[PDB]
Amino acid sequence: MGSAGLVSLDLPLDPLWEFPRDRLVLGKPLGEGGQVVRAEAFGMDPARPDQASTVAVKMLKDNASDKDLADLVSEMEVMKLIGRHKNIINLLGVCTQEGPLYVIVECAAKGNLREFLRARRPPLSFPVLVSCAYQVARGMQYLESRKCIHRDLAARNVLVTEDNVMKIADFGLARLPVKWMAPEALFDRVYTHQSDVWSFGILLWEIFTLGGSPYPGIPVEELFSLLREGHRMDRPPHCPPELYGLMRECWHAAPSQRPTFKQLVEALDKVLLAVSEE
Ligand SMILES: Cc1ccc(C(=O)Nc2ccc(CN3CCN(C)CC3)c(C(F)(F)F)c2)cc1C#Cc1cnc2cccnn12
């Protein structure tokens, strides 16, 4: 029971990824933009065929165009090439043949990182916050090694499992993320790994403000003019200068002066180690 666009595209059966439609029972909605719904999957680990699993399933709406289908097909194929990693949301399967296009991934029980942090504000220990930042750094390092540029790294686009494992995702634009973007991305529309490093800096600031909104008070129209005078966000409350140093390094105007994701993984591991020692 597929749409007119999907029948026209006539996608092939990928034997590594095609999962049976009848072994998937849809449940509660998780997110909207397409839409994400929670589902029960049976035999998603094919060695254990009768074993039940909770998954997340992305799909188009009834009022979706052919361009929206092409984007979801484009999203499907990008996720195949990236590969399995601890800190990327794992593709589990797809449904393409006998109905609407479904893109299946693992369900992160605690939701997105922004709502995770905001929900646990005081009326989250320091090692947990450093672990979050470190894990996102490791995910982005993996992305870069796969020659993959995210373009919209933010707390909303990181998912959190039951065990507080960070899973990098992309849900598209929210219902333009100006406050997360490097100058070259905002102004010249040039996206690189180093432009993702800028956004990681803004994500770090989100984590240690417990899901705070960046540049509070300053409207988006006045932001870019303020950036090229050299102004940046101040050190947030209860944040050491070592972590603030990494943020300011991420916000260097020149991309080459910003740290690499390899360097960010190394620096954050030292902070994780320092907070665990005693
Ligand atoms: C069903 C579903 C389908 C797809 C994706 C998804 O994020 N796909 C994705 C597409 C592209 C990219 C990388 N590109 C970015 C653009 N860029 C230009 C090129 C590189 C990546 C990334 F992880 F690599 F970033 C992921 C997530 C879900 C989810 C879910 C889920 C699970 N639990 C919960 C709980 C609450 C809400 N949602 N949810």
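Note that chain A carries the PDB entry numbering, so the residues on display, from first to last, are 444-476, 479-568, 584-635, 651-753. Read the numbers this way: they start at 1 and go in the same order the structure lists the ligands and their atoms.
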Mind telling me the name of the drug at ligand 1? ponatinib
Of all chains in the model, which has more heavy-atom pairs under 4.5 Å to ponatinib than the rest, named as UniProt has it? Fibroblast growth factor receptor 4
Which residues would you count as binding ponatinib, with heavy atoms within 4.0 Å? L473, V481, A501, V502, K503, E520, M524, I527, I533, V548, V550, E551, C552, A553, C608, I609, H610, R611, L619, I628, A629, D630, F631
Atom 2 (C) of ponatinib: nearest protein contact (heavy atom, Å): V550 CG2, 3.4 Å
Which protein heavy atom lies closest to atom 24 (F) of ponatinib, and at what distance to 0.1 Å? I527 CD1, 3.2 Å
Do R611 and ponatinib have an N or O pair less than 3.5 Å apart? no
Nearest UniProt active-site residue in chain A to ponatinib: which is it, and how many Å apart by heavy atoms, rounded? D612, 6 Å
Distance under 4.0 Å to a non-hydrogen atom of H610: what atoms of ponatinib satisfy this? 15 (C), 16 (C), 17 (N), 18 (C), 25 (F)
Nearest protein heavy atom with distance in Å, relative to atom 12 (C) of ponatinib: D630 CB, 4.1 Å
In terms of atom number and element, which parts of ponatinib are under 4.0 angstrom from non-hydrogen atoms of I533? 23 (F)
What residue and atom, counting heavy atoms only, is the protein's closest point to atom 4 (C) of ponatinib, and at what distance? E520 OE2, 3.4 Å
For atom 3 (C) of ponatinib, closest protein heavy-atom neighbour: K503 CB, 3.5 Å
Looking only at N/O atoms, are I534 and ponatinib under 3.5 Å apart anywhere? no
List the UniProt domain of chain A that dominates the contacts with ponatinib. Protein kinase
Ponatinib N/O within reach of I609 N/O, cut-off under 3.5 Å: yes
